[PDB]
Each structure stands twice: as C-alpha cells, then as structure tokens.
Amino acid sequence: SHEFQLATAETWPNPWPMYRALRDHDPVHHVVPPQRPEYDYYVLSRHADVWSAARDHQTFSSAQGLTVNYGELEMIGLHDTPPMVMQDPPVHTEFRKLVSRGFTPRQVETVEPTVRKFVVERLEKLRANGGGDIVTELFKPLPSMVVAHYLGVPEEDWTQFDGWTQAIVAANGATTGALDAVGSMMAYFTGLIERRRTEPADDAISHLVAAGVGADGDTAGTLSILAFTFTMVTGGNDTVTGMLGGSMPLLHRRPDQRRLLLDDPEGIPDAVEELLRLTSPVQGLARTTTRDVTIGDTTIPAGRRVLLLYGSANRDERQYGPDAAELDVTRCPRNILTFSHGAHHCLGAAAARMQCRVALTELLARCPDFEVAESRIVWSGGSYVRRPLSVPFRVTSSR
Amino acid sequence: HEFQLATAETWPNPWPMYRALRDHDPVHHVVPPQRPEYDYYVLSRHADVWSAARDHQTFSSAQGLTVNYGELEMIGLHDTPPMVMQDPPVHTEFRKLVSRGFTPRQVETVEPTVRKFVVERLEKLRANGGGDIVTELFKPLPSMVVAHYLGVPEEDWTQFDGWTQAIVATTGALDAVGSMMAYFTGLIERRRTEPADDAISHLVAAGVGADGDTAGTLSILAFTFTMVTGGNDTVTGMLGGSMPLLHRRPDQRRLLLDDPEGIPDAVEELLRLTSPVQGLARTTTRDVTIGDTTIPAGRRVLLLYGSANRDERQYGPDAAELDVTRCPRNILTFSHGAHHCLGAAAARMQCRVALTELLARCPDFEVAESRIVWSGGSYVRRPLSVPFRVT
Amino acid sequence: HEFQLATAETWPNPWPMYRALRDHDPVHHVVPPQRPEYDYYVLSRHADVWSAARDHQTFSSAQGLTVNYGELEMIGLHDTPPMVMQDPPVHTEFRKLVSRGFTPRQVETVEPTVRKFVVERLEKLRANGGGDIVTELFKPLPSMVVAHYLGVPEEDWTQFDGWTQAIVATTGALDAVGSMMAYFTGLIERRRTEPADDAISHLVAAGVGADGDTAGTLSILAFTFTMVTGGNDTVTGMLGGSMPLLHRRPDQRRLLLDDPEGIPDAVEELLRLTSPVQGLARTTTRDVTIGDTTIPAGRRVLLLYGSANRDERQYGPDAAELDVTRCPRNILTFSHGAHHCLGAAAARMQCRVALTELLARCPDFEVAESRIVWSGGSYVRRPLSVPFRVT
Amino acid sequence: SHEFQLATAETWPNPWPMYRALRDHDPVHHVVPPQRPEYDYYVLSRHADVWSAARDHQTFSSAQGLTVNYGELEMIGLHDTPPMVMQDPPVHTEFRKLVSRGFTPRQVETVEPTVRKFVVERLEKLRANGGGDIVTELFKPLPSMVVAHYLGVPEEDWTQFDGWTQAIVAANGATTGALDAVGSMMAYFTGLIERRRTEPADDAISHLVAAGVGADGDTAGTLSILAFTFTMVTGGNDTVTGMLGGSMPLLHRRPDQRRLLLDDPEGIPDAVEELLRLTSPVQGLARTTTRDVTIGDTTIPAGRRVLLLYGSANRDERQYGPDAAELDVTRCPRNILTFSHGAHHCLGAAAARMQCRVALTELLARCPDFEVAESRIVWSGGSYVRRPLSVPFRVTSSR
Ligand code: HEM
Ligand code: HEM
Ligand code: HEM
Ligand code: HEM
Ligand SMILES: Clc1ccc(CO[C@H](Cn2ccnc2)c2ccc(Cl)cc2Cl)cc1
Ligand SMILES: Clc1ccc(CO[C@H](Cn2ccnc2)c2ccc(Cl)cc2Cl)cc1
Ligand SMILES: Clc1ccc(CO[C@H](Cn2ccnc2)c2ccc(Cl)cc2Cl)cc1
Ligand SMILES: Clc1ccc(CO[C@H](Cn2ccnc2)c2ccc(Cl)cc2Cl)cc1
Ligand SMILES: [F-]
Ligand SMILES: [F-]
Ligand SMILES: [F-]
Ligand SMILES: [F-]
Ligand SMILES: [F-]
Ligand SMILES: [F-]
Ligand SMILES: [F-]
Ligand SMILES: [F-]
Ligand SMILES: [F-]
Ligand SMILES: [F-]
Ligand SMILES: [F-]
Ligand SMILES: [F-]
Ligand SMILES: [F-]
Ligand SMILES: [F-]
Ligand SMILES: [F-]
Ligand SMILES: [F-]
Ligand SMILES: [F-]
Ligand SMILES: [F-]
Ligand SMILES: [F-]
Ligand SMILES: [F-]
Ligand SMILES: [F-]
Ligand SMILES: [F-]
Ligand SMILES: [F-]
Ligand SMILES: [F-]
Ligand SMILES: [F-]
Ligand SMILES: [F-]
Ligand SMILES: [F-]
Ligand SMILES: [F-]
C-alpha cells in the first residue's frame, strides 16, 4: 500500500497495509515534511525495533514529547497531543511510585460491579430496539465512570463530571461547550484537590496531594495534577472506547472465533488479549533520541523524533507468525505493545482489561448473533489513538 | 564566598559573590555532593552571558530554565516558570504571533491608566506619612499591565487582581487558580468571535485552544500563568529593588529631582542594577568550550544576567554603583537573542511612570533597608516588603 | 492465586500457586506497578528450569540471584546471598579449587561425628516427651558440617556455633559477626602454614587472602558467610520441612519403619518435595525465547526449582505427593549445571543420618503442623519452629 | 615507547610515553591476553574518550568491576582490586546521598588543624636531620588521620586505629601482621557500628547506620559498610600518599615553578590542581560496557571491560596544549580526571585537596630548597594507584 502518512479519520479504517509496507520495506522509515524539512522524523514498524525503543528509555526519551510534532511543548500545532508530558527515570520514578498507589487491584474490583451494571443496562436497551449505535449507546460513556473512579471523583458528582467529560471528548464552534467543560472540569479539580488535603482517599490524586504535590503555594504542582487528570479524562476515556468499538468489526468478521467464546466463556480473558493486540487503541507514540542511534543500517541523529508504531508491532508477522493479521482468540499473544513496555507501561492496563472482559462477556451472553454495518462505521480524527465514533450495531434478535 | 543558588536571606547582597565569580571563576563548575551527575556551570561575565544568550542553537531553552535536572519531578518545591519556551525554528512562530500583543500601540494605550493608579496610591501614601510601598503600590501596579496584555476587560481587573494577589502569595490560592483558570477559558471562548489586539486574541485567532483543543488550551493557560506571576514579580522586583538604591545615593536622586528629564536614562541604570531576573539556565546542545573550560553537551548552564550587568569588564570600575547618567548599553536585564523579553517596553514604562511620580510627589522619602524582606526563589529577586516613609 | 514472592505467612503452602503457573503461565511476566522497568520473568516447569540452569552462557548468575534489580542498594532488607558467583570461564577456576574441600573423604569423615550428635539430641528429646526439633536438633546440626568444611578446629565448634546461631537470628549478631570475622582472619593466617583439606585451606593455598590481600581476604569471608548462613538454613529447611510431610503420611513412614533400607531413596523424595532453595534468579545475557514468550536481554528470570520438582510433566500425576519409593530422577533441589551444589553430598548425608535416627528412635512421633513457624525470605523456605512430640 | 601493559612497581616511574604512544596511535587499544583470549579488554587514553566514558555511566558500568580483571567479583585473582564494588545510578544514588552527608565542608575544616599540626611536626623533625624519607616520615601516616576522621573514629582509638591501617597499607609472610590487622579493624568497626546505633555523629558511617544500613539483622548491610571502610582505609590512604609523594619529584625537577609559589603563596591552591593533574594518584579504573559501543572506528562489544586511563587523559596534549607533559603551577587546568567525573566523582576530593594544600604550603615555607634523589625513589606495586613507597628527601638547609 501507500507510504507513511499520519492517520486521519479517513485513513483509520485499514492502516494495516501501510504498516506491512513499512515493516517489509522500510523498518526505519525517514519522514521529511516537504515544506518543513527541519521537522523530519523516523518511524519504527517492526515489533522488535519498536519493542527495544520503548524499553530503552535512556536512548529514546519521552520528556521531549509523545508525537512527531516538534512544537508539542509550545503552543502552535498541539491539537493532537497528550495534555501532559511524561518524564524519564529517575525523574519520572517518584510520580510513578505515588500514582501507582491509586492503581491497585482493589481499584478494579471496587468498580467492576458498576461497569457490569451499566453494560447490562445499555445492552438490554439495545436488545429492546434490536440494534443501535453500540459506541454512542455504550462504549463512549462506559469508560468515563472508570476514569472518574480512578481520579477519585465522588458519586454525587458523577453525574456532573460525566457531563464535562462528554463535552470535551467530543472535541474531535461545537467545541465551545468544550472550552466551557474544560474550565468547569478545571475548577472542579482544584476544589477536589483542596478537599483531599484533609479528606484523602486512595485514588491516584489523593496520593499526589497526600504526598504534597501542589501543596503550600506550589503552583506548578497543582498545574501538573490538572494536566494529569485531563490526560486521563481525554485519553483514558477514548483508548478504552477504541478497544471496545474497534473489537466489534474484528469479531463480526469472524463468527467462528465468536463461537469459540460462546461454547466456552473461559476463552474471553485470553480473547481480550488478542483483541487488544489487533486494536492497539494507542497505535503509536513518538520518542526523541538522546544521542545518535543506529538501527539496522539507518542512523537516527540525536535530537530526532521517532514514532513507535505499536499498532504495526502488534501485527508484525515476525513476532506473531504468518496469520499475524488475523483474529485468533486462542492465540494468547505474548509481548504485545498495546500498553507499551518499560518505564511507562500503562497503569490502567488491568482496568482496561477488566472493562473489555465485562463488556465482551455480557455482549456475547445477551447478543450472541449481533451484526456490524462496517461500511457505516465512523472513525475519530487524530493520528495517535484509533477509536470509532460510531458503530452501527444490531442484534439479529430483538425484544 | 563560594557560589550558591540564592535564598530570601541571601538576596540582600549577592554582588560580592558575583564579583568573585567574574574575577576568579568565569565558567564556574557546580558539583552537588549528593548528586555529582546533576552538575552544572555558571557563566558570570557579561561577554559570555551575552554570547550564550545570543547562541540559542548551542544553549537551548527547551530543557528547562533551572539548574535542577530533576525540576519536573512532582515531589515538591518548584522554583521554575509555569511552562518552558522552545528554541527556533519552533519558537519563531509562537513568538511572532504573541508579539502582536506587544506593539507600541499596546504600551502607549495603557500608560495613562497606569500613571493614574500610581498617583492615586502615591497620594494615599503621603496621606499616611508612609506605608509599605510594595504591597501598597509596586505589587498591584504590574498586575494591571499584565491583564491589559492578556486582554482582560477592565471591569474584571478588580476581580482578576483579586486572584493574582492570592496566587502570588492557608492555600486559598488553589481556589484562586481554579477560578482564574475557568475565567480564562471563557475569555478564550469569547475571543473566538471578538478578536481584540491582546496576545491571547492573536493566539486564539491563530487556532490555539479554539476547538475543544485541551493541551492547546492548557498551554494558553500556562502562558497566561507565567505572565500573571512572572510579569508581576519582575516589575515588583525592579521597582522595589530600586528603592534601597535610590535611598542609598541621595546625590543621585538629587540629579533627578533638579532635572527629571534624565529619568528615562536612570530607568536603564536601575534596570541594570536590579536585574529582577538574576539568572536563567540553558542546556548545551553540544560540547562547547569557553576559555579553558569545556562544558559537555546536555549540561545546564546558568546565565547570570544579574552579574553580567555588574561586570566591570563592560561598564567600567564603578560598574558596581549607581550613576543614573551612565546610560548603560547592552544590558542583559531582558536577556538578548531569540527570547529577548517581549514586555521590555511595558516593563520600562511602568518604572518611568512609577519613578517620576515617586520623585515628583515624594522628593524626600526614606527606606528602612534594614527592614526590607526578600522573597524566596533563586532566579527572580524581588522584595516582599519595603517599608516606605515620606519625610 | 496469582504469583508473588513468598513471605513467612505464605510459605506454608506455595504448591497451588506453582501448579497454577506451570499449568497456565510457564513463562510468567511480573511487572511491578511502582516500577514497570524492574520487571522480570518466572519459569516454573521442570523442563524449562532444567534447561535454564544448564545454559549459563544465556542465563548468567553474575548479576545477582534475586529478582530485585536494586538488590545492592544499602537502603535495607537484603534477602540475598552474602555474595554472588560468576559464570564460566571465571567460575571454573574457583569452583575447581573449592571442590577439593568437597571430596568423598570429606563427607565420610564427619558422618560419625554427625550421627552421634543426632542421637544424643534425639534421646534428649525422648527424655522430655518432645520439644522443638528445629531449635533442639535440626538447627544446630547443619552448623557442625559447615564448620567441618570451612576447616574450623573442633575445640572451636562450640564457640563458633555460638556466633552462627546469633547471626542466623536485640542485634547482638553484629558483635557475633565481628567476632567470627576476626576469627576467620586468624584461621586463614594459620592455613598459610597448615594447609589441611578444607575448602578454605585449598583457597588460601592458592594465594587467596594470603598476602595482606584485603578484597581477596574479604571475599574469603563472604564465602564463609554464605556457607555459615545459607548452609544452615537449607539443611534446617529440608530436615524441618520433612517433618510435616512425614507426619501427614503415616503410611509412608510405616514403609520406612518396616524397611529402613529404603531411607536413602526416601531422602531423594524428601529433597524433591522440600526444595529448601525454592528459587534463584538469573539474568538473560541475550534476548531468549521460551515458548510463545521472548525475554529481553538483561532480565531477571526466577528459576523455581521448588516448582520444577513438583511438575507433573516430569514426575507423573502424583508428583504433588510423597512416595518414598518414587526414587525421583533429575531433581533440581541442588540446581543443575555450572553451579550445581557442592554440598549436595554433605546435605544428603545429614538427612540420611537424621532421618534414620529419627525413625529408629521415635518411630511414633507427632508434629503440630498448625503450630509450625516459617522463616521470612522469598528464596529459601525453612521453618523457625517445628514443635515435636514423641508419642 | 612500548605498548600497553598494566603497571608494576618497576614501570610506575615513567609510564607517560606509553600513554602518549596509545593516545597518538591507538586511542581505543584492544588488549588480548595471549594465553587467556576470553579476557580481552580495551584501553582509552585520550582525554575526550576517557571523559565521555566516565560520565556516561549508562553505557560504561561500574557494578561489574573497576579493574581489567574479569574475576574481580569472585575469589581468585583479586589482590589488585578495590575492597568494594560500586553500583550505578539509580541504585547507587541512595548510598551517594547518605554518605555525602559525612563529606561536608565542615568535615574538612574540622580536621584541617590536625593535618597542619602533624605536617609541621614531621617537617621540622626532618629539618632536624636535614633530610629523610618524606614518604615514610610524613606522606604515609598523614592521610590515615583524615581517613580515620571521615570514618568517624574517636580520638582515643586514633592510636590503635592507625596501627592497623599501617599494617594493612603495607601489604604491597610480612603481610601476616596484615591479615591480623584486617581482623582487628574488622571487629573494631562492627563495634563502632553498634556504638553509632544510639550515639551517632555526622561521619559517613554514622549516616549509614542512622539510615538503617546493617540494622535489624541485615547482614549484607553490615558487610557492605565494612567493605566501604576497608576501601577507604586502603585507597583513601594511599591515593593521597601518591599525590603528595608523586609531587616531590615534579617540583624538584623545576625550582622555577617552586619559586613562583615562594614569592606568592596564593598560587599554591592552583598549584595543587596542576599537581593533581600530573600525579593522577588513580591512574586508571575500568568499566564494563552494557551494550555494543563505538568509539572512533572501534566497536567495543557489550560485556567487555574498558580501562579509562585517567592519568593519560590528564596528560593529553589535545586537552591541555603542547606542554601537557610539563609542570605549570599557573596552568589552572580545567576538566581534570584526577577525581573522575559523573556519578562517582570522588567524595573526598576537597579533603585530598586540603591535605595537598596544607602539606605543600608548609613544605615550601620551611624547606624552600629541598631536594629529591629521584633515582632512589621506590614505587608501590599495583596497576591502578600510582604511589611512591620511598622518597629520599633532603633540605639543603639543616637545623
Ligand atoms: C485500552 C486502553 C488503554 C490503552 C491502549 C492505554 C495505553 C497506554 C500506553 C501505550 C501508555 C504509555 C504510552 C507510551 O509512553 O508509550 C499508557 C500509559 C498510562 N495509561 Fe493507559 N491505556 C489505556 C487505558 C488507560 C486507563 C483506563 C487508564 C486510567 C484509568 C490509563 C492510565 C495510564 C497512565 C497513568 C499511564 C502512565 C504511566 C507512566 O507514565 O508510567 N490507561 N497507556
Ligand atoms: C522587570 C521586568 C521584567 C524583566 C526583568 C523581565 C525579564 C525577562 C527575561 C530575562 C526574559 C528572557 C528569559 C530567558 O529566556 O532567558 C523575558 C522574556 C519574556 N518576558 Fe519578561 N521581563 C519583565 C517583564 C515582563 C512583562 C511585564 C511582560 C509582559 C506582560 C513580559 C513578558 C515576557 C515574555 C512573553 C517573554 C518571552 C519572550 C520569548 O520567549 O520569546 N516580561 N523576560
Ligand atoms: C538442604 C541442602 C542444600 C540445598 C537445598 C542447597 C542448594 C543449593 C543450590 C540451589 C545451589 C545452586 C544455586 C544456583 O546457582 O542457582 C547451591 C550451590 C552451592 N551450595 Fe548448596 N545447598 C544445600 C546445602 C549446602 C551445604 C551444607 C553446603 C556445603 C557446606 C553447600 C555449598 C554450596 C556451594 C559452595 C555451592 C556453590 C557451587 C558453585 O557456585 O559452583 N550447599 N546449593
Ligand atoms: C588524591 C587522592 C584521591 C584520589 C586521586 C581519589 C580518586 C577517586 C576516584 C577517581 C574516584 C572514582 C573512581 C571511578 O569510579 O572512576 C573516587 C571516589 C571516591 N573517593 Fe576518592 N580519591 C582520593 C582521596 C579520597 C579520600 C581522602 C577519600 C576519603 C576521605 C575519598 C573518598 C572517596 C569516595 C567515598 C568515593 C566514592 C564516590 C562514589 O562512588 O560516588 N577519596 N576517588
Ligand atoms: Cl500521565 C499520561 C501521559 C500520556 C499517556 C499516554 O498518551 C495518551 C494515551 N493514553 C492516555 C491514557 N492512557 C493512554 C495520549 C496519546 C496521544 C494523544 Cl494525541 C493524546 C493522549 Cl491523552 C498516559 C498517561
Ligand atoms: Cl512564556 C515565558 C516563559 C518564561 C519566561 C521567563 O522566566 C520567568 C520570568 N519572567 C516571566 C515573565 N517575565 C519574566 C520566570 C523565571 C524563573 C522563575 Cl522561578 C519563574 C518565572 Cl515565571 C518568560 C515568558
Ligand atoms: Cl558461594 C555460594 C553463593 C550462593 C549460593 C546459593 O544461594 C544461597 C543458598 N545456599 C547457600 C549455601 N547453599 C545454598 C542463598 C540463596 C538465597 C538467599 Cl536469600 C540467601 C542465600 Cl545464602 C551458594 C554458594
Ligand atoms: Cl566506596 C569506593 C569504591 C571505589 C573507589 C575508588 O577506587 C579505589 C581508589 N580510591 C579509594 C578511595 N579513593 C580512591 C581503588 C582503585 C583501585 C584499587 Cl586496585 C584499589 C582501590 Cl581502594 C572509591 C570509593
Ligand atoms: F483527521
Ligand atoms: F527541529
Ligand atoms: F527488546
Ligand atoms: F439480566
Ligand atoms: F427476551
Ligand atoms: F528562600
Ligand atoms: F562587592
Ligand atoms: F582574565
Ligand atoms: F531526580
Ligand atoms: F507578523
Ligand atoms: F473587551
Ligand atoms: F555602557
Ligand atoms: F508618566
Ligand atoms: F536601615
Ligand atoms: F516474611
Ligand atoms: F495443589
Ligand atoms: F501446554
Ligand atoms: F533502585
Ligand atoms: F583438580
Ligand atoms: F586443625
Ligand atoms: F522420576
Ligand atoms: F547413620
Ligand atoms: F495440626
Ligand atoms: F608490581
Ligand atoms: F569473559
Ligand atoms: F564529555
Ligand atoms: F613553627
Ligand atoms: F632554624
């Protein structure tokens, strides 16, 4: 297929061939914006290369940015960039230590029931109409509760909070309700932060406040806690949506794979893994070299940005065999990059996995013969996170 | 004595330490016993600092502006600007847009508004014999100008300054930040359909934040925050920092009293001696050699503007003292090069005004040096309290 | 349940967790939430652990033997051997010399001395109905043999064990370490002109420490320390660990009571089921692939000897239970390959003796499983207290 | 001159030409023991290369050993190796943090008087005999007091402690008094450690005990504190001796340089720096690569040991000019490697510097026209630390 090109809503449907293209012919692809040559960068597509890069945080930095956009830490450009910039060990270690305290196994169990309740409520509402938009009806609002949960947002506010969430996530002058939501969200948290100073819980934010972040005047601290929550509200929400929605077409395309999980629900957890591999909600993130580095026969100059195609890595035939491109709920894939590897390995991987499990389990139980109108599926914009905005669902069984 | 990052108790007199460095260790090496890897260098001579600032490709700003490699560690104590600028080409565009909010029309337009406040507050002080000139005037003063450049509508200036003064400060500032944050979100929204001439309007007009951006809208708020705090302290610093200087040299003030036509030139001298931004670091993007010393690539190098301005090698023997008639050239109070301060004009205007009115309405005033209280912070040197007395 | 490094409260029954791993996650990946970089793998199947241990060039020992990358951080809590062995070629020479202190003559020579103590203490216990068989016998017992291999003269064995028992334990052990340290320095000095057949004599005879070496003399002391502690706990572990097993399966004991000619074979079975050294890590020297999983170079990989020995894929369905008649082959209680235990013989002898005398003089004994107390430590599993009762 | 070859007492006199040889012709010299080829290693001699290597602790590890001896962390071989093995950041960071607490400026001031007292006592005793062995009479016992000081050894024990010190430092069956000293030293410290558990000072050791090292049973901890003290007693003692003694011939060879410091004692501190550069007590230490690394046109395989010739680096003409080999007390040398650079930059650099200053100052004041019988100077064994055992001194002025 075509050569590298950052993804758009139009290209998100089948980026797989471009990946194969790169993997089979330009493992270390050099991109040179024809107009702005000073912003050239590289793209890694082979599982092996992407894997090493992600892990070797010493050579491939994060604190410079996570996208191929050099103006990332400035003002112009942004739009498609994480709200917060992550540091590298040792600097990053304090943070990871503290925030991981709000990301324990109890955190998952404590909110799983809520997840299932909602999943079942919406699933049955859809069985009522014998169809609908499973993304709009379930996979979009679903993650918001988990994110609110991890952020330490009290139930009374859940209603209000989800409001703001949905206004912002919708961003991509309809986005005016967005600037508004952000402000609202903004003030809310400075409040919640205040509340936590003396009424701490065990949510990530409580552990940062309790640890002193944004304490006695420390403005920069408070600001970063905010940057964190907004990064969670935005990304933590639609990465899960991307997984759930993105899984629909994969399953639809193969009822035999669906049948396996039907006669034996035990395969679901493993299936979630295979689904995670193929969907790769976070298709790719970039790094900045901290010294001239040589991969294969290409030598990426220091200071250059390199995009790690996690999505291509999870589909690399070299790592997963000939059928890498196909769905195999029994595959039990090892070394997937869906959550990356190394210092920043996703803290909510078990939260996402739980959500996928509950969702897929309930779905397969109540809508054993669902169908997806692929052709009518809509993909969100952005070049890094691959999620669907709309997924025409329809249980070939009603009432 | 040996070099060391300043503190509120060491800010009263860093001058000797600077001389020491300029004279005996131009390219000073600091090696923290606890962390020899988190080592850095300190340039103190005017010629070097000047050349360093001008050479952005070699001395980058995109790594931080502090000598602390672990600055971005949420741990605590963040003596650092609420956000950091990139270097060209990246910075070029940003700077180009924001500079449209820093035009001559911009500075001129608010001057009258500023002079009025200065006079009102000065007279309020004469009506009391004295008072703390920093909290009473110098602190609130720079607040207005920031708002003016951020495009904050006048009616709000009262409510706004309300937060400003809480943030630049029992942490009710958290609330102040939330309020101000949300405030700006609306102002940005608004600016999408009412593009004035403020920096923010020019940014929003470019597409920043204008689209449920997030990140983009957050960087807008980071910038507004930098201005809100940095823009206050620096002016507060210079205006307050000038008090003891003018107090100590009555002969100088006399020159300005007999001939106020020399106040603009005095403003330069005062800026040279105050250097509110005593220093800011950079990070070598390659191994660079200065004199005998060679600084490895990726090393923080603190540019001591404050010292460079007092460098005898540049301003003569008396470089260390007040000479309102000096008319110093090439000062580094606003750095040099790609990051040269955009609010230099705005900064100068506030002092030309403030100083003129001070001298014109309180020709005879006294400052209790001994009772001045400096703020903390190793990079920006400003007084928290400067007891004033007109008589 | 999910995998996790053992603790004194989890040592009572790890068997289920192992099964789980062997059956569902042969090459288990552990990713610490606080430190995803300090991640590692856990091999639990006999075939893999066996192959891992045999392949030293790929799975090195010279990085540490714990899954904790920050093991050598003085911070605190050091669940790790008092020193670490290198891999061939380096290890080859060391092992060659030290192995001369682990000869057949060596094991045979002290057996009688050992059996006597066993009998004395066993009778002392019969004279009291019972007592704690670990503190009363199993703990002091392995002490003698170590001393014997370290070349500690018998008269001292009393004073020596004195320290041993203090160290293997209000930290009067610090003093015990100092005393023992100095003790060995003299013994080494001595050995320069009185080279016996102990391991130390063979080392000193080679030139180690013998020259105001330091380092060299300190490594001698590190080794003697490893032996002193490790060599005790492991045997203490196996002997004590066998108590509940023999207690639980009276039918088994009966087989040994009617025919004590089957005790040597029972010793193997008991070693297979106790695996005092439940596990020890290695560090991949290259990217290596096991099954679907690929472990990156420089990754700690915990070899679960304890699990490999209970692997049904190797010993059949009942692999999980006591069959003194089994005569298990290729157990991993003493690892395999370049680091295969040198004191395997010495270890086996102490149990052949201890067990025979136990069964011969207390055919009818009881162990209060419910009241056994395990020691801490995630790699060596031994009981601190095993209340004994003869009746 | 000849090709690389680890130093011996016989070769320590003038190793400078071998260095130049390497620098000018084999900057990345490959050494291959003819008999044990598996133990091949590399040697860096150019200031630039040695400097980068020392700093880049990520690539060039320390925790594997500090010498070119691969059996370093085992048993056979040792002899010429540090008693303790240093870790790499982050692991090493805790230690550095705690021990540096006992290495403050006060620590120097608090013991400087003692240094000067002793220096003057011995100097005058030598003026008495109008000569003697300045190493045996002063530069050998001198450092012991500072080391005892930093280790937190109470004055009453000073007598006893120095005894053991001298017995061990003498190591290189006369070394029998050594094995004895070590044992004595050994037990002493376990005691001192005990004492510190409740009677802590501000000496390095107190900070480790107070921090918990070797606490509630932690045997490994206690053992490492010991390894540290023995590393100080051995190395901390004779590196200073190497500097002081080694400086004698350098000064002797140039009375004009000595004259400068005579008419202006201010130059002494700077002189100490130039002396430090030329003496390089720690001529070199090795590192182990943690990945294939390429210097120039040579690519040192990972896992290989590399010797960083600090002594050659300080003499590199490229860094210090044409006269790099000569003494210039006004040179004011920048970037010297005498104390290394990076994570392990010597903690006692200011202590050594103080000693050199006091010594050199007193010497130049009381023995302005001393002489050294170079030909009769004796060098200690070992390939890493270059110190003299004997230095025939003689003030061409008596009484
Ligand atoms: C299927 C959904 C998800 C995917 C694919 C995903 C993916 C990722 C990836 C790849 C990273 C690291 C990016 C890099 O630097 O390469 C990351 C980090 C992280 N994720 Fe997720 N994530 C998901 C859901 C979540 C959720 C629901 C939460 C929160 C409840 C979460 C919390 C975080 C946090 C806090 C980190 C930062 C860890 C660090 O920097 O050490 N993620 N995620
Ligand atoms: C006493 C008065 C002030 C002083 C001494 C001061 C000093 C500085 C310095 C040293 C820099 C460059 C720092 C570096 O990169 O090393 C700077 C940049 C800047 N200042 Fe100020 N400043 C003052 C007042 C103001 C005010 C009131 C504003 C406007 C509201 C302002 C806006 C800025 C901006 C936006 C830049 C960044 C320019 C760029 O990055 O291209 N400054 N200032
Ligand atoms: C219950 C009895 C014992 C058990 C289960 C045991 C277990 C082990 C294991 C697992 C190893 C290899 C560890 C590895 O590298 O992964 C080992 C090595 C060794 N053991 Fe033991 N051991 C026991 C008793 C003893 C005794 C009493 C001595 C002798 C006094 C001894 C001396 C050693 C030595 C010196 C080695 C190292 C060999 C080498 O590195 O080449 N062991 N032991
Ligand atoms: C002229 C004399 C001395 C020289 C040339 C010297 C040299 C060195 C060097 C080169 C290192 C680091 C080696 C490497 O890894 O490359 C070192 C580390 C150190 N030195 Fe010295 N040293 C001297 C005197 C002392 C003294 C007197 C003390 C103690 C009072 C001392 C305490 C230490 C300590 C504790 C470190 C370890 C720091 C760390 O690992 O972070 N040194 N020394
Ligand atoms: Cl603290 C933190 C920082 C970064 C990331 C990861 O980057 C997030 C994805 N994400 C978010 C949550 N879980 C996954 C991201 C990528 C690309 C773009 Cl354009 C936007 C976003 Cl939000 C995760 C936590
Ligand atoms: Cl966009 C921008 C970024 C940085 C700077 C300059 O850095 C500011 C000073 N400042 C602020 C305004 N005018 C001057 C600063 C330095 C040190 C410390 Cl601790 C705090 C602050 Cl705020 C200027 C604009
Ligand atoms: Cl020279 C040598 C080095 C290591 C080992 C083996 O490692 C020992 C076990 N051990 C000791 C003796 N026989 C067995 C050990 C493991 C874990 C923990 Cl936490 C402590 C210890 Cl002590 C054996 C000789
Ligand atoms: Cl904690 C620590 C570890 C290592 C070193 C440094 O290595 C020391 C030199 N030294 C010692 C003190 N100051 C300098 C050394 C090198 C070579 C040889 Cl053969 C022996 C020794 Cl002792 C310094 C502290
Ligand atoms: F798009
Ligand atoms: F660029
Ligand atoms: F890898
Ligand atoms: F139901
Ligand atoms: F139904
Ligand atoms: F302060
Ligand atoms: F001065
Ligand atoms: F000069
Ligand atoms: F840090
Ligand atoms: F323009
Ligand atoms: F307006
Ligand atoms: F001038
Ligand atoms: F005016
Ligand atoms: F005063
Ligand atoms: F435990
Ligand atoms: F089981
Ligand atoms: F299987
Ligand atoms: F660590
Ligand atoms: F042999
Ligand atoms: F004997
Ligand atoms: F078998
Ligand atoms: F027997
Ligand atoms: F029981
Ligand atoms: F020698
Ligand atoms: F080797
Ligand atoms: F360098
Ligand atoms: F005298
Ligand atoms: F005299």
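Chain naming is simple here: A for the first sequence line, B for the second, and so on down. We number chain A the same way the PDB entry does; the residues here are 6-177, 181-407, in that order. Numbers in chain B track the PDB entry; the residues on display, in order, are 7-175, 183-404. Going by the PDB entry, the residues shown for chain C are 7-175, 183-404, listed in order. We number chain D the same way the PDB entry does; the residues here are 6-177, 181-407, in that order. Values below: every heavy atom of this structure, side chains too, minus hydrogens, waters and symmetry copies. If you check the header, you will see the structure was determined by X-ray crystallography, 3.0 Å. Both ligands and their constituent atoms are indexed starting at 1 by order of listing.
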Engineer: List the macromolecule sharing the largest contact count with ligand 8, named according to UniProt.
Structural biologist: Cytochrome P450 130
Engineer: What drug do the PDB records list at ligand 8?
Structural biologist: S-econazole
Engineer: List the other chains with a heavy atom under 4.0 Å from S-econazole (ligand 8).
Structural biologist: D
Engineer: I need the residues around S-econazole (ligand 8) for a figure - heavy-atom cut-off 4.0 Å, please.
Structural biologist: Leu71(D), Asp85(D), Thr86(D), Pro87(D), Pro88(D), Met89(D), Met91(D), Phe236(D), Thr239(D), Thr242(D), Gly243(D), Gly244(D), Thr247(D), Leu293(D), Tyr392(D)
Engineer: Which UniProt heme-site residues in chain D are within 4.0 Å of S-econazole (ligand 8) on a heavy-atom basis?
Structural biologist: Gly243(D)
Engineer: List the other ligands and ions under 4.0 Å from S-econazole (ligand 8).
Structural biologist: ligand 4 (protoporphyrin IX containing FE)
